[PDB]
Q: 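Okay, here's the structure I mentioned, the one with cefoxitin.
Following the PDB entry, chain A shows residues 1-159, kept in their order. Read the numbers this way: they start at 1 and go in the same order the structure lists the ligands and their atoms. Header says: X-ray crystallography, 1.5 Å.
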Amino acid sequence: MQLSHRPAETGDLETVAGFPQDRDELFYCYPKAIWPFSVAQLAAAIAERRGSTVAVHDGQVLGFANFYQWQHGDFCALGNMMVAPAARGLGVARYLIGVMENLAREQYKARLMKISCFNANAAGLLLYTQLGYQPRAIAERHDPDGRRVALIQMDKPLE
Ligand SMILES: CO[C@@]1(NC(=O)Cc2cccs2)C(=O)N2C(C(=O)O)=C(COC(N)=O)CS[C@@H]21
């Protein structure tokens, strides 16, 4: 694996919007979005967020993430974490989370990264745990069917 990163570009949008494979996956990474996902929905998030970044390997965009909260000197909140379905479990999210930690430290002077993860996303919860994130709170949210879900609010000090 020889991963690189760069800011997200218009030409990446169709690729990245292809990453969520079902309503659950879209919910876990972008709960405000409505299935089916679209480039317009992805662009809307990019426009209102900061730091949208892609991970690339062998000419393929394999990952995407951004910040939906940012407070200089304080923290950033990382979301829209998406990984190409053929590249799952190969370290792309771990790589990109590390890049986003460096961005938060360097650009925003953040002392903390927040990551919130829905309860059903076991793989996410375990990944963020392996990367040193700890659970701080659990918040109630509602899914598209009106069912109650638990949002696990985690954080990690940045060094
Ligand atoms: C403002 O916080 C968020 N939204 C809400 O909590 C509001 C709602 C949630 C469910 C119904 S309404 C927001 O935006 N979030 C994102 C995101 O879109 O990136 C994620 C995805 O996180 C990752 N890890 O990719 C977790 S919920 C959190």
Q: Specify the chief binding partner of cefoxitin in this model, using its name in the PDB entry.
A: Uncharacterized protein
Q: Write out the binding site of cefoxitin as chain and residue number, heavy atoms closer than 4.0 Å.
A: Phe27, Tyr28, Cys29, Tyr30, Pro31, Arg49, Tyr68, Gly79, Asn80, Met81, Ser116, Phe118, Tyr128, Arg141, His142, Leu151
Q: Can you name the atoms of cefoxitin, numbered from 1 with element, that are less than 4.0 Å from a heavy atom of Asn80?
A: 18 (O), 19 (O), 25 (O)
Q: Going by distance only, is there an N or O of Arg141 that falls short of 3.5 Å from an N or O of cefoxitin?
A: yes
Q: Provide, to 0.1 Å, the distance between atom 11 (C) of cefoxitin and the closest protein heavy atom, together with that atom's residue and name.
A: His142 O, 3.4 Å
Q: Could you list which atoms of cefoxitin come closer than 4.0 Å to a heavy atom of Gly79?
A: 19 (O), 23 (C), 25 (O)
Q: Could you tell me whether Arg49 and cefoxitin have an N or O pair separated by under 3.5 Å?
A: yes
Q: Evaluate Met81 for polar contact with cefoxitin, using N/O atom pairs at a separation under 3.5 Å.
A: yes
Q: Go through cefoxitin atom by atom and flag the ones less than 4.0 Å from a non-hydrogen atom of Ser116.
A: 22 (O), 23 (C), 24 (N), 26 (C)
Q: Only heavy atoms of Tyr28, strictly under 4.0 Å: list the atoms of cefoxitin that pass.
A: 21 (C), 22 (O), 23 (C), 25 (O)
Q: Just which atoms of cefoxitin are under 4.0 Å from any heavy atom in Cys29?
A: 17 (C), 18 (O), 19 (O), 21 (C), 25 (O)
Q: Identify, for atom 15 (N) of cefoxitin, the protein heavy atom at the shortest distance, and state residue, atom and that distance.
A: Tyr68 CZ, 3.6 Å
Q: Counting from 1, what cefoxitin atoms have a heavy atom of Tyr30 closer than 4.0 Å?
A: 18 (O)
Q: Could you check the entry and tell me where chain A comes from?
A: Pseudomonas aeruginosa
Q: Check cefoxitin against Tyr128 and write out every atom of the ligand that is under 4.0 Å from a heavy-atom position of the residue.
A: 24 (N)
